Structures are given as C-alpha cells and as structure tokens.
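Below, a PDB structure including quinidine.
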Amino acid sequence: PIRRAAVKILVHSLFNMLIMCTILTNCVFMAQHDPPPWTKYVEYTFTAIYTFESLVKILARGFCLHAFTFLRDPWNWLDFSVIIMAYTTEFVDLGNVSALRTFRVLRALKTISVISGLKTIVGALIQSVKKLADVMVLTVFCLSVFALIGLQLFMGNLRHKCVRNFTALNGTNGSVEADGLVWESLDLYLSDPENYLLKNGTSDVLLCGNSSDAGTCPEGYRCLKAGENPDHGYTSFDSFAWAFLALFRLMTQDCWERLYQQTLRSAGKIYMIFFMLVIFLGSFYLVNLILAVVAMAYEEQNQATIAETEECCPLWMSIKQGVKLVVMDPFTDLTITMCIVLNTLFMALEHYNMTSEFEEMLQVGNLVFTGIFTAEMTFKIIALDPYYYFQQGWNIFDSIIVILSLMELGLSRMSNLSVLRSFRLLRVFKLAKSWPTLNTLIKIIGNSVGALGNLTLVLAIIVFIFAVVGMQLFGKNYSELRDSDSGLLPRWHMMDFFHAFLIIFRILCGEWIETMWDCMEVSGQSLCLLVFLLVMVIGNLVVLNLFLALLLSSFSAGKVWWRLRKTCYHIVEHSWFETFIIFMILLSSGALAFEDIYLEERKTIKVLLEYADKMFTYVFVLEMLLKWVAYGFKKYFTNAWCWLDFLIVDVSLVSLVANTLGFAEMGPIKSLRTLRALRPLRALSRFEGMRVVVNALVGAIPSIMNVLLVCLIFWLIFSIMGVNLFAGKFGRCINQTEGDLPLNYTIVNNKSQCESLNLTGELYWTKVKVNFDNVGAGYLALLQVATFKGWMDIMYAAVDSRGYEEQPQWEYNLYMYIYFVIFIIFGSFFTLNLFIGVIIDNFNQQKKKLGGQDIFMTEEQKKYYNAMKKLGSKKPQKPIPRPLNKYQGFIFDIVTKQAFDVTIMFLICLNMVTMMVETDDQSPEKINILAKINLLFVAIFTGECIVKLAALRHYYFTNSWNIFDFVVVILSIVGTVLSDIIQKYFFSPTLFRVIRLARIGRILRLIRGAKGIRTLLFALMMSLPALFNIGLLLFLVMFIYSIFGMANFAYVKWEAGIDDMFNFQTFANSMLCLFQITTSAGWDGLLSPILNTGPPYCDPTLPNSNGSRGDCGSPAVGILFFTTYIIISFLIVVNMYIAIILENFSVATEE
Ligand SMILES: C=C[C@H]1CN2CC[C@H]1C[C@@H]2[C@@H](O)c1ccnc2ccc(OC)cc12
Ligand SMILES: *[C@@H]1O[C@H](CO)[C@@H](O)[C@H](O)[C@H]1NC(C)=O
Ligand SMILES: *[C@@H]1O[C@H](CO)[C@@H](O)[C@H](O)[C@H]1NC(C)=O
Ligand SMILES: *[C@@H]1O[C@H](CO)[C@@H](O)[C@H](O)[C@H]1NC(C)=O
Ligand SMILES: *[C@@H]1O[C@H](CO)[C@@H](O)[C@H](O)[C@H]1NC(C)=O
Ligand SMILES: *[C@@H]1O[C@H](CO)[C@@H](O)[C@H](O)[C@H]1NC(C)=O
Ligand SMILES: *[C@@H]1O[C@H](CO)[C@@H](O)[C@H](O)[C@H]1NC(C)=O
Ligand SMILES: *[C@@H]1O[C@H](CO)[C@@H](O)[C@H](O)[C@H]1NC(C)=O
Ligand SMILES: *[C@@H]1O[C@H](CO)[C@@H](O)[C@H](O)[C@H]1NC(C)=O
Ligand SMILES: *[C@@H]1O[C@H](CO)[C@@H](O)[C@H](O)[C@H]1NC(C)=O
C-alpha cells in the first residue's frame, strides 16, 4: 500500500534536514519575549509540520499493540507529548495563568534525537551521573553534619543589629521607647529600619556582638539581637533548611567571604577555626573528589570505547628557480618569524593618550610590516604553483591575514568598526610552528570545535533551553518589580533573551546566589530554588565533563688544623646544636610578629626586641662562620640551601652595619629592613616535609614558566583588543558627597562639561581603577575578569561606554558583554585547561623518575603508609562469638541478629531527625518536649550499650567501632548530666554549646554499615599526611605574606574590602585576610584601596604615629603582593588535587 511509501519518506536525509530546519526556526521564534499577532501564520505552520512528522512515523511504525517499536523508544514520548500538548491547548484553555506555553519549549529539546550521535553524548552524561552515586550521599552527609555544627554553634547568632539606645520611659503600661521620639512597645521599636546602622560606604546593616572578639558598636548604639535578617532574609543560620543552603553555598564557594565577614563580626573572631575546617574539608576536598570520580568514570568509559573500536617557459623557469631557492632559506625564515615579534611588540606599544605624532609613526610602522608580509606572500606565490601554495596548514592562514589586512587598509577612508586594527592583530598565532606550546593551545580549540564538537553543541543547546525556560517563567515578574526612579531595570534581569543568556552564563561561571535573591524577591522561593539548582547541577556537569574531555584528549596525545676541622664538624653533627638552631629560628621568626601598629605604645617591650634582634643576628653569623670551616667552601656553597641562609645573613649584616655604624637610617635602608620578613625561610630547609614539598615544586618550575609565557602572549591579544575598544571610555564625573555614583549624562555630557562646571570644587573626574588604558593596565583587568573576582565594575564600566572622553550611560553600548564572554570562554577556560594539563603531566613524569613513587611524602610517612594499608584491605577473616553461660547466653541471641543492627541503624536516623527540627526563638512549649525525648534516646542507647557489654565479655572491645560506641555513650552521659551545673557560673550563651555538640558523636555511628562512605572516607584518612605536609608550607607562605603586608599595608584608607576588623594592622587581623585570599575569594576588594593616590579616594600627608606619613597605599607593591600570592596559593591548591586524585586512584584500582 502506502506504508511501504511512508517508510520511503521516513528514511530521507532531506526529511531529517527539513525537521532540523523547522526545529531551528522554532528555536528562533520561541526566543522572543514579545510576540506580535503575526504568529497566526508561523505557529500554525509549525504545528502542521509537527503533525506531518509524527504521522509519517506512526504510519510506518504502528497498528495498535506497539510495545516493540516506536513506543519503547524513549525519545518519541517527547514528540508525542508535544503534539498532544498543542492539540489540547488549541481548543480551550483550562487555567489561564498563561505559563502553559513553556512546555512548548520541549520542541527545542527534540533536536537531540535529530542531529547526529548527540543521542550517545546524553547517554554518556547519564552514565557518569549514575556513576557518581556515593559522592552525592557523602556530600549530603557532610553537609548535614556541618549544618548541625553550625546550628549548635551559630543559632540565631546572625540577626544581631547594632540598634540605638532606648529607655522604658516609666510613663505607660506597655513598652514605650525613647529615641528622642516616642515609640510603642519594645518589639515594634526593634523592627523599624530607623534605628539601625548602615556600614560605611555600602548599604548593608552593621553586625555586632557581646563577645570581646566581635565587632563593636559605636559610641552611642547598642548591640542586641532583633531585626529582620541579612542580605534579604535568606542568609540566617538558624532553621536547618537555611543552614543547609548556607553551608551549601559555602561548599561551592559562592560569595562566602560575605558569609563569614558577617559571621565573625557577630560570633567573634575565634570561630574562623570552623571555616578553616569546612573550607579545607568540605569545599576543597568534596569538590576535589567529585572531579576525581567524574574523571575516572570518563577515562574508564573512554578506555572501553577505544578497546571496542580497536576490536613563456624560459623567463618563468629562471625567475621561478631563484625565488624558490630563496624561499627555503632557513635564514630567510628567521628574518620574518622574528619580524612578527617586532610587530606584536609594536602593537603592544599603542597606549592610552598618544602624543599626536607618535601615532603617525605607529601607523607608518604598521604599514611597513604589512608591506613586508605582502611581499612575502607574493614571493611564495611566485615560488611555486598557486594550487601547490594553497596546500597544508600554513599558507592559506597567511593569505587570509594578508588579504584582510590589505583590503581594509585599502578602504582608506572608512567609517571604522575599530575591528580593522584588530584584523592585523590576529597574526600573533603565526609562531606556533616554532613554539611547541602554542601548538597545544591551538590543538585544544581545534579539538573542541570539531573532534569534541558535538559536546559543545549539546552545551549550546542546554544553555539556550535554560535561558528560554527562565525567560518564559520569570520574565513578566521582573517588569514593574524593578526599582526604577528613572525607568531603570537592574543589571542582571531576565526579560530579554540576551540578559537571560548572561544570567545562565554566570551560573556556569559559578556566581549564582545574588541572582537567586533578586529572583526570589519576585517569584517565590519554590520555583526559583528549583530552576537555579537544576541549572547548577546539569550545566556544571556538562561544562565539567567537557573540560575533562578536552584535558584527556590533549595530554592523552699545620697538622693540628686537620683535627680542628674535624672537631668543628663534630659539633654540627652533635644533635643538640641543631636542636638549639631550630628553636632559635622559630623564636627569631615568631618574635617579629609583634611588629605592628601597637609597638609605639608598647614602649617597654620595644627595646626587648631590639636586644633580641641584635642577638639573633650574632647567633646566625656565628652559625655561618662555624659552618664555613666545618664543611669547606666546596661543600657549603654548592648545597643551594646554604645560599638561602647566606643571603639572609647578608641582609641582616648590611642592615646591622648601616644601623649601628653609619647612622644609616638615611634613605632606602628602611626599604632594606622591610626585607627581614624572609626570616621564616630558614625553617623551610629544616623541617623535612617542607623540604619535600619545595623539592616537588622546584622540580616543576620550568613548565610553569612556559605555560605562563603562553598565557601572557595569549592575553596580550585581548589586552590590545581591550585597549582598542575601551581606552579613555572609563572616565566618570562624580558628585563628591555621594561618593561613588556616576553623574547624569543629560546635565553633564562631556568631560568639557565636567571640568567646566567646577564653580564649586565638587566634581571630580576619576578613572575606574582597573581600566584599559595601557597594555599593562589592561592585563590586570584581564586578571580580575579571568579569576572571576572583581569583574562587575569592569563590565559595568565597559557596557556603559558612550564615546572617547565623555560620561557613561546606562546601556549605551550593551553588546560589549559578548567581548567578555569571548574572553571568559577562550582565555580563562582554555588557559586553565592547558595549565592543569601541563602540571599533571609534569607531576606524572616526576613520579616516573623517582623510586618510591609517592611525592609530597617524607620517608617516615612512607613507612607509615605501609602499616596503615594493612588495616582495611580485602576484608579480614573473623572469629565467631560463642556462648559462655545460661544467664547472658540467650541475650546475644537477640543482640547479634541482623535485624537488631538495622533497627539501631534506622533508630539513629530518627535521632538525627529530632536534632534537625530545632529553631531559634521557638516557644517554651518545644524545649520541654525536645529535652525530654533527648534523655529518652540516650536511655535507649545506654540500655543497648550495657546489654552488649554484658552480652560479650572480651568480645566487646575488638571491632574498634564498638569502642567508639561506648565513647559516644559516655560523652552523651556527661553531656546530659553537666547541663545542670551552668547556672552558678559565668556568662553562657556559648559555653553550653560546646558541651551540647557532643551529641553529634552519635551521628558518626551511621557510617558503621555504609561501605560507600567508609571506603571513600578511609581514602582521606589515608590521605592526611600529604595534606598535612602541604599545609605546613601553606601556613608558612601565609605567614611571610602576613608580615610583608603588615609592614606595608597598615594605615591605608578603609573602604571596599578593608574594614575595621579585616585589615593589615595586626597579625591576627592579617591572618584572616590572607585566609580569605588563599581561596582567591574577594582579593579584588583588598587591592582597590591599595591602588589609591592623591585626592579623591585617599589623602597623603596624614598624621601617623609610626613615624611614616601618608594614608595612601602604593600600587606597585600592592599589585605585586596579590598577583604573586594568588599564583603561589593556586599552585599549592593544585597540589592538593594531585594528592587526592593519587590516593583515590590507588584505593579504586586496588580493590
Ligand atoms: C573547588 C575548587 C575549584 C575552584 N577553582 C577552580 C578549580 C578548583 C580550584 C579553584 C579555586 O578553588 C581556587 C583555589 C585557589 N586559588 C584560586 C585562584 C584562582 C581561581 O580562579 C577562580 C580559583 C582558585
Ligand atoms: C518611676 O517613676 C516613679 C515616680 O513617678 C519613681 O518613684 C520610680 O522610682 C520610677 N521607677 C523607675 C524604674 O524608673
Ligand atoms: C493602663 O492604664 C489605664 C488607666 O488610664 C487602664 O485603663 C488600662 O487598662 C491600663 N492598661 C492595661 C493593659 O491594663
Ligand atoms: C548606650 O548603651 C551602652 C550600653 O551597652 C552604654 O555603654 C552607652 O554609654 C550608651 N550610650 C549613651 C549615649 O548613653
Ligand atoms: C548583651 O548583654 C546584655 C546584658 O548582658 C543584653 O541585654 C543584650 O541583649 C546582649 N546582646 C546580645 C547581642 O546578646
Ligand atoms: C553634589 O552633591 C551635593 C549634595 O547632594 C549637591 O548639593 C551638589 O549640588 C552636588 N554638586 C553639583 C555640582 O551639583
Ligand atoms: C561636549 O558636549 C556638548 C553638548 O552638551 C557640546 O556642546 C560640546 O561642544 C562638546 N565638547 C567636546 C569637547 O566634545
Ligand atoms: C574641580 O575644581 C576643583 C577646584 O578647587 C579641583 O580641586 C578639582 O580637581 C576639579 N575637578 C575637575 C575634574 O576638574
Ligand atoms: C538621566 O536624566 C534623565 C532626565 O531627563 C533621565 O530621564 C535618565 O533616565 C537619567 N539617566 C539614567 C541612566 O537613568
Ligand atoms: C565609619 O565612619 C565613621 C564616620 O565616618 C568613622 O568614624 C569610622 O571610623 C568608620 N569605620 C568603621 C566603623 O569601621
């Protein structure tokens, strides 16, 4: 009949191309927010084509009882759902919320079954998510335990406002409050935002606390616990639903600097030990354990797929011969390859305000280089036939560069897109032939756009699907809700398609929570919670699996003098000598932590460090002099540790001689005695473990220099492009009293209008501090944009662009967002990819050079691993319990059952649930019942404890979990009984808490029985020594930068990032700033006051107690400080990853 004819229609490639064109056109139509009534045509034609497509399918593959074909296929259920949805929506609507249309988008998802083997990529992603399966349950377990720690420590401990003083006024029945105006009731007084403190600069609310460590109220306001909440209401640490969210954003490190720059301000500064626990065990470990299992899963399935796949004539001749002979000269190769270096150095010289004849010489330069390159093209075309010249990797690229640089330049009188200057700028890639590392960065991009080119297309589909789902759902809600006062939407709304795309792009970048707040403020918590977690899990799974795909695809491809020498060698061999030396180095290093801004008033102890310093110098000088003739110059100067000690002793001696003898305080002697912060590095050679760590990092130095040169020469492209696009355009005229807001563009148009109207000295024309003016200044902007910290003020200054030197305007240059999108996709992403891919290979071949293959490992810890691996490998043979008596002999008949063990195991989860239900400011009804059932559970567990003790005499204390069980029992006993002694004591908002935390020791009995948690947690218990060893070096580097910063960065102005409690004024306050920068979190705000100068934003000639004047930090050391601390921290934090993945692979491939 025609069924054989419908099968003939179904198998066309033209039919699949037609369905592709229809799906893509409907994708273009569904991504408009405001459809006009011309959609009577197109929507009916789409639902006609989608009718015709499904009819062709069901005529071939139907009849009635199809459980075998067309409906056991899962991708056709969506196609059937779409057409039945269109047919059930085109008669009559039932609920007119008009959110019905979104399911229509499921049209855009149908193209996964239509294009190619994209149907296999989604199956592989589902295989990897299925493969995780234990990391997820331990993630929710550790987030549960740490959330309960955060409750029993921090309950209600984050609502603290710094309210104004009041009085009960003794004149009414009730609670009248006096603020200089009458106020009714205490409760209504504490609820009005007329009594609170705005922080300086911002518009947050100030937080305080009764503790001695915490933030302090000013001279007239009171620190007490009464208000709404912080951020918008979504950041309190009570109410375990919110504690799980707060510790989850803690785990993915989104804006957590703001979480604990609000926690430590209220709870006291001693609680950064909790954040040092969760950042170094929750975030850095659980995040770096997801990646290991995903990478091992990908490598396993890729290995399986590879394994399964494996199973006229005279003039022409004379002129041609000579030119050809010239062309293959390896010396003429050199004078062009080293000539493009001159061009890219000549274009990286075009700065911000050229001096009107400098620009002419630069144009003449570009013209000369263009002539040199075109002459080369002509000589190589004459050199050999143009069909032979247009062959292979490198001549058509050079032809395209010449014909683009030539044609646009020939359009001499031009409108100018500014791109044309760029057209020449693309030529930097030409030296990838010689350079063996830009070859690999070209291979990564070519591997992403066409050997892994479908997996980026799945990502382009998924980003588009979420940007349409969000635009259809959340789009109308933003409209009148947004504040205006002009007609003015926010920066990160979702009404358009483009803003809807950027807000998904941010969640891919890792910044998701300030959009959840702006979304929950209009759309309710339920939808907005769901969408922005699905985007985060699905999108980061896709982006991460793409990242690992690229990385794997890349790196997959006088005879008493002799006795006098020996007796002096005998004293440095004598162990008490270096035992004295270690304690002397530690004391000499820690003693200079007292150098702070309180050493002027601490006048007494100030001299005690002078004597100490001038004693330590003499001891170390005697040390070097005593080691000299004990070892000889040959053994001493060829050790490369003794050069470090010799350099430090030399610095101390120069400082000493200049200080004592020459009255040498004259000039840069102060800048030389700043350099005595390097004294901790004497310990770097003596603790054997940090010697092992610095050997492992010194060995992998030369690769880092290569990849950093590649990243420098590759960001040079975008820096010259950013100078070409945005030089001078970041110039803002500012009303001074309001501080930090750009002026209206309708009353001040140009800089002429700004500097023309200071009849009063108010208006200041300031640059954004991180501008693109120089090529060197543009590199720091690229560093802030690439590290995902600080880019807001860069993008908002770029998008606001309007001219050359004239006021910015709210969205006058909107589409410049795609420039930073291109930079984050190319620069950050592929840079990081190449960077991790280089380091992994370097550490792998460094392991492939040694003996004992464990790196980051001292010898004694290598002896420890061999005994620690004997503990739990391969399941031990076990003895079986036997009765002894008739009395207790029938008890273990009830106890040793498998039903009793799971009875305890699901009874203790109920004991967890009764811990989860706690709240702040509950009711007195609840504490009584909850405290009664508190003792009830303890009674049950103590009962079964004593039963199992008396049931087995020596067989109790064997399993080493059962010891832990009795320990948790006696901890629960003390935690219940002590509670009654608190009343006759000192202040206890927090002493009872640290006693109450011992009930969480019950929760750690759930891991007895979960093999997916015991295995993967013993993988860290086996990984503690290398983690400890890297940690020493991390603390040491933290210590050295703390002293340099405390020497340099004290007495800066306080603003964006440097408040009264996170500053470089003492050692305790400096450790906290460097701890938040150790995770790269928020270093943008510390640098922003350091880059100041004369007015505004700072003030020189400031009265200063330390004998140093000024209040303005210096940008030269301020940039250097942060920009080398980030890289050093990154490296180490990249070591940690290598140690974790080594111990994971060893346990996994072991059993
Ligand atoms: C959970 C950790 C992942 C998140 N970032 C990318 C991969 C890892 C590590 C890194 C981050 O932890 C990090 C640590 C230390 N220094 C960094 C410096 C820059 C950076 O770019 C966002 C991330 C850094
Ligand atoms: C309240 O006012 C009365 C006088 O009207 C005075 O005697 C009393 O001491 C006051 N009490 C307080 C607590 O102010
Ligand atoms: C307050 O005092 C007045 C007397 O003027 C009385 O009528 C009223 O009941 C009192 N308030 C309360 C809550 O009892
Ligand atoms: C505000 O109350 C506090 C009590 O903590 C007190 O120390 C302070 O002196 C009061 N301020 C004024 C202006 O009375
Ligand atoms: C601090 O203590 C005072 C009295 O000891 C109390 O009235 C106040 O509410 C407390 N504030 C906080 C934040 O605990
Ligand atoms: C700067 O701000 C102050 C206070 O808002 C205002 O009075 C002044 O007019 C502003 N300057 C100019 C030039 O308008
Ligand atoms: C600046 O803009 C104003 C328009 O308000 C115009 O009159 C003036 O000529 C411009 N000056 C410069 C230097 O661009
Ligand atoms: C405005 O004029 C005052 C004159 O006192 C000057 O201090 C300030 O630098 C000027 N600002 C600009 C942008 O011209
Ligand atoms: C600047 O002022 C005008 C007043 O005519 C206002 O309409 C405009 O919205 C303001 N600019 C911005 C970016 O709000
Ligand atoms: C906040 O501003 C006030 C007044 O401008 C100042 O006295 C104080 O030192 C500032 N800094 C704080 C509270 O950290």
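Using the numbering of the PDB entry, the residues shown for chain A are 119-429, 699-944, 1188-1781, in order. Basis for what follows: all heavy atoms, side chains included, without hydrogens, waters or symmetry-related copies. Read the numbers this way: they start at 1 and go in the same order the structure lists the ligands and their atoms.
- Copies included, the model assigns quinidine to ligand 1.
- What binds quinidine (ligand 1) most in this entry is, by the naming of UniProt, Sodium channel protein type 5 subunit alpha.
- The contact residues of quinidine (ligand 1), taking heavy atoms under 4.0 Å, are given as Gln371, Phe402, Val405, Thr1417, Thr1708, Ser1710, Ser1759, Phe1760, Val1763.
- Looking at chain A and quinidine (ligand 1), the transmembrane segments (UniProt, N terminus first) with a heavy atom under 4.0 Å away come to 6, 24.
- According to the entry, no covalent attachment of quinidine (ligand 1) to a chain is modeled.
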